[PDB]
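Structure, as C-alpha cells:
One letter per chain, A onward, in the order of the sequence lines. Numbers in chain A track the PDB entry; the residues on display, in order, are 4-300. Per the PDB entry, chain B residues shown: 3-300, in order. Computation of the quantities below employed the complete heavy-atom set of this structure, encompassing side-chain atoms and omitting hydrogens, waters and symmetry-equivalent molecules. For ligands, and for the atoms within them, numbers begin at 1 and follow the listed sequence.
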Amino acid sequence: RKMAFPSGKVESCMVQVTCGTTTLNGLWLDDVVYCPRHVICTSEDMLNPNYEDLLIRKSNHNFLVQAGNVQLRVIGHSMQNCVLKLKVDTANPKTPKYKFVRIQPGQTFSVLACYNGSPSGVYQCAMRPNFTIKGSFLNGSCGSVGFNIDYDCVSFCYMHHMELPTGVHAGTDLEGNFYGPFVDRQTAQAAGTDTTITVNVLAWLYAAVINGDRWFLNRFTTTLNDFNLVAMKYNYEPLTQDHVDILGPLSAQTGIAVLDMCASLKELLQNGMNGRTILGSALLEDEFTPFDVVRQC
Amino acid sequence: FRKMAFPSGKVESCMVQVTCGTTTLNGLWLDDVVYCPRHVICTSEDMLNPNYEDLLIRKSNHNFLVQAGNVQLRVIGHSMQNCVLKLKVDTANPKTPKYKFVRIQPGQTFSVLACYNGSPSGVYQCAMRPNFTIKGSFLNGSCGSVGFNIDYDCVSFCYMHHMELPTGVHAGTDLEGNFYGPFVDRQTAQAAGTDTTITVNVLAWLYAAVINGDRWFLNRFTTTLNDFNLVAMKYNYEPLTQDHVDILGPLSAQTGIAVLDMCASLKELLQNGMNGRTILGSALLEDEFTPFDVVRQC
Ligand SMILES: CC(C)(C)[C@H](NC(=O)C(F)(F)F)C(=O)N1C[C@H]2[C@@H]([C@H]1C(=O)N[C@H](C=N)C[C@@H]1CCNC1=O)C2(C)C
Ligand SMILES: CC(C)(C)[C@H](NC(=O)C(F)(F)F)C(=O)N1C[C@H]2[C@@H]([C@H]1C(=O)N[C@H](C=N)C[C@@H]1CCNC1=O)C2(C)C
C-alpha cells in the first residue's frame, strides 16, 4: 500500500500568506517564507499578470504572514522564478534539517495539503512523465508542499500552484521553476499525453516476487535498447541507465536480472494477464518506486 | 481521489520506545502515562501461552525502560487495563495534545502512524473491517503503533496495534485494552470471521466518482431499500440502514443523485461486474472511504 512520510516536521513549517484578500500557504524555514508568487494577484490580475510590474507596486507592509493567528512581520521580499521569498523577523525554531531538490518523473513524495496555513491531510504522490501530479487539491491549497524524509533530513521537492482541466495538478520546485511547460497564468493550458512509469512497474513486479507472487517470470531476456523500443509502442516510458541502477538492490535480493524482469514485463504487455492478478491487482501499478518497495519492508 | 491520512505531527510527539527484558515495542505518552501493549512483559516463550496477571506481578518498575528520543523516562508506577499496560512516568509529555479515547465501529476509518523503536515511519488510512480486523501494513516491532482521527485540534485515539493473523490482516485493541474482534494476545493460530464489504462506504465512493466525472456505471433504474439489501446480502455486502441513507444525504444533494438511485447502480455492478472497466482508476469496488471521508476531501 501507499504510505506517506510522517508529516510533523513539515506541519511545523506551514504558515499563511495574504495579499489583500488572496490567502494561500507558505513554507517557513529559518527566517524566510516561500510561497507561490500569484499571491500578489487580484482575481482579475491572474488572467494576464505582469509579475515584475505587480511586485514593483508591493512593499513589505502589503504582506500578511501568519503562523496560526500570530503575525510574522515581513522585512524583505524578492521573486525567484515563480516563488516569492519573504524574509521575516523571526527564525522558525522548528526548522528541520532540510534541502531543496528537483525530482524526476517517476519519483514519489508525500504531499501535506494545507488551507489557510493549517494542515489538512497527507498522501503519497508520483511525478507523472508529463510533469503533472494526480493530487487532491481544493481552492486555497496553493503553497502546499511535497517532500521526502531521509534520516531526519526533509527534502522539499514540490510547491503547489494550479489545477489543469483534466483534474491533474502542476507546480514548481522550491526554486520556483515549474515542472513541465506550464505557467502561472489563468489561461488555457493542457497536460500532454501521459505514459506509464516503467521503472516503477518493474519495482512493483520485484515486490511481487519478494512476496512469492512470481507466475509472470518467463524464461527469456532482452536488451535494454530492444525493450525501450517495444515499451514505447505500449505508451510505457523508456528506461534510463539510472533506472537500471536503482533496480539493482531488488534484482540482487531476488536473483532476477533487471533485463530478465524487463523481458517478463514485455510478455505482460503483449499478452495481458489472462485474468490473473499480481499482488492482488488486475492492473500494473506504477506509483511505487524501488525506494518505496524497500521502505515498505 | 486519494486515500488521505490526517497530519500525524500531534501523534508523533507522543511516541516513545518501551523495553522489558529483550522485548521492545512502541508506547503512547500522554501526560505522565505511557500506554503500550501488555505483551512487552513477555519473553518469547511467555507469548506462546501467557498468564498476564501472573507475569505482571513478577515485574518491578525498574524492569521497564522507556525512551523518548534519547532521554529515558523513569517509570514510577504501573498497572494493567485489559490488554494495555499503563506506565506512570516521572515526566509529563510537554506536547500532549487535546485527546480522547474512543472505540470505533466497523466501517469507520482512521489514520495509522506506523512506528518502530519509538520512531514514526509512515502514515496511512485504514478501516475497521466488519470482521473487526484491519488491513494494515505492520512489521516486526510495530506493536503500540496507534490509529487515530483528528477533529479541530482534538486527537481521538481508536486503535493500538497488537498482532498479525495468518491471512496477513491485523488485530488490535482500543486504548482501554479491549480487542476489536474475537482475538486474544496469545501467539497461537487465530482466524477471523468471514469478512463482508462495507456497503455505505462503496456508495460514498461511487458518489466520489460522479463528483470526479466518472458516470459510466449510472443507470435510470431505481430500487427499494429492502430489495437492494436483498441483493447486497447475497453478495456478502453489509445491509444499508436508514441511518446510512441519511448519512449519504450531503453527497446525494451535491450530485443530485438519490441514494436509492445509486443503490440501483451498485446492484447492477454486483450482478454484471465492471466488464473490465475501472472506477476512479480501480478495478475493484473500494469500501474504505466513509461518507465523511468523501465530504472532507471533496
Ligand atoms: C483551476 C483554476 C482554473 C481556477 C486555474 N487553472 C488554470 O488556469 C489552468 F487550467 F490553466 F491550469 C488555477 O489553478 N489557477 C488560476 C490562477 C492560479 C491557480 C489557482 O487557482 N491555484 C489554486 C491555489 N490556491 C489551486 C487550484 C484551485 C482549484 N484546485 C487547485 O489545485 C493561477 C494559475 C495563477
Ligand atoms: C505474526 C505473529 C505470528 C508472530 C503473531 N500472530 C499470531 O500469533 C496470531 F496468529 F494469533 F495472530 C503475532 O502477531 N504476535 C505473536 C505475539 C505478539 C504478536 C506480535 O508479534 N506482534 C507484533 C508487535 N510488535 C506485530 C506483528 C509482527 C509481524 N507483523 C505484526 O503486525 C503476540 C500475540 C503476543
Per UniProt, what macromolecule holds ligand 1 with the most contacts in this model? 3C-like proteinase nsp5
I'd love to know the name of the drug at ligand 1. nirmatrelvir (bound form)
Which chain letters come up when looking for other chains with a heavy atom under 4.0 Å from nirmatrelvir (bound form, ligand 1)? A
Identify, by atom number and element, the atoms of nirmatrelvir (bound form, ligand 1) in contact range of A:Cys145, meaning under 4.0 Å from any of its heavy atoms. 22 (N), 23 (C), 24 (C), 25 (N), 26 (C)
Most residues of chain A in contact with nirmatrelvir (bound form, ligand 1) fall within which UniProt domain? Peptidase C30
Please indicate whether any nitrogen or oxygen in A:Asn142 is less than 3.5 Å from any nitrogen or oxygen in nirmatrelvir (bound form, ligand 1). no
Side chain or backbone of A:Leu27 under 4.0 Å from nirmatrelvir (bound form, ligand 1), or both, or neither, by non-hydrogen atoms? neither
A:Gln189, portion touching nirmatrelvir (bound form, ligand 1) at heavy-atom distance under 4.0 Å: both
A:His164 and nirmatrelvir (bound form, ligand 1) - part of the residue with a heavy-atom distance under 4.0 Å: backbone
Find, among UniProt active-site residues of chain A, the one closest to nirmatrelvir (bound form, ligand 1); state the minimum non-hydrogen distance to 1 Å. A:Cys145, 2 Å
Is there a polar contact, in the sense of an N or O pair closer than 3.5 Å, between A:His163 and nirmatrelvir (bound form, ligand 1)? yes
Please indicate which organism the PDB names for chain A. Severe acute respiratory syndrome coronavirus 2
Please state whether A:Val186 comes within less than 4.0 angstrom of nirmatrelvir (bound form, ligand 1), counting heavy atoms only. no
Does any N or O atom in A:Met49 lie less than 3.5 angstrom from one in nirmatrelvir (bound form, ligand 1), N or O only? no
Ligand-side contact atoms (nirmatrelvir (bound form, ligand 1)) for residue partner A:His41, heavy atom cut-off under 4.0 Å: 18 (C), 35 (C)
Which residues would you count as binding nirmatrelvir (bound form, ligand 1), with heavy atoms within 4.0 Å? A:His41, A:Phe140, A:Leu141, A:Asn142, A:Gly143, A:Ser144, A:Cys145, A:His163, A:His164, A:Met165, A:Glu166, A:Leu167, A:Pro168, A:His172, A:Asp187, A:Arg188, A:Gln189, A:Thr190, A:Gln192
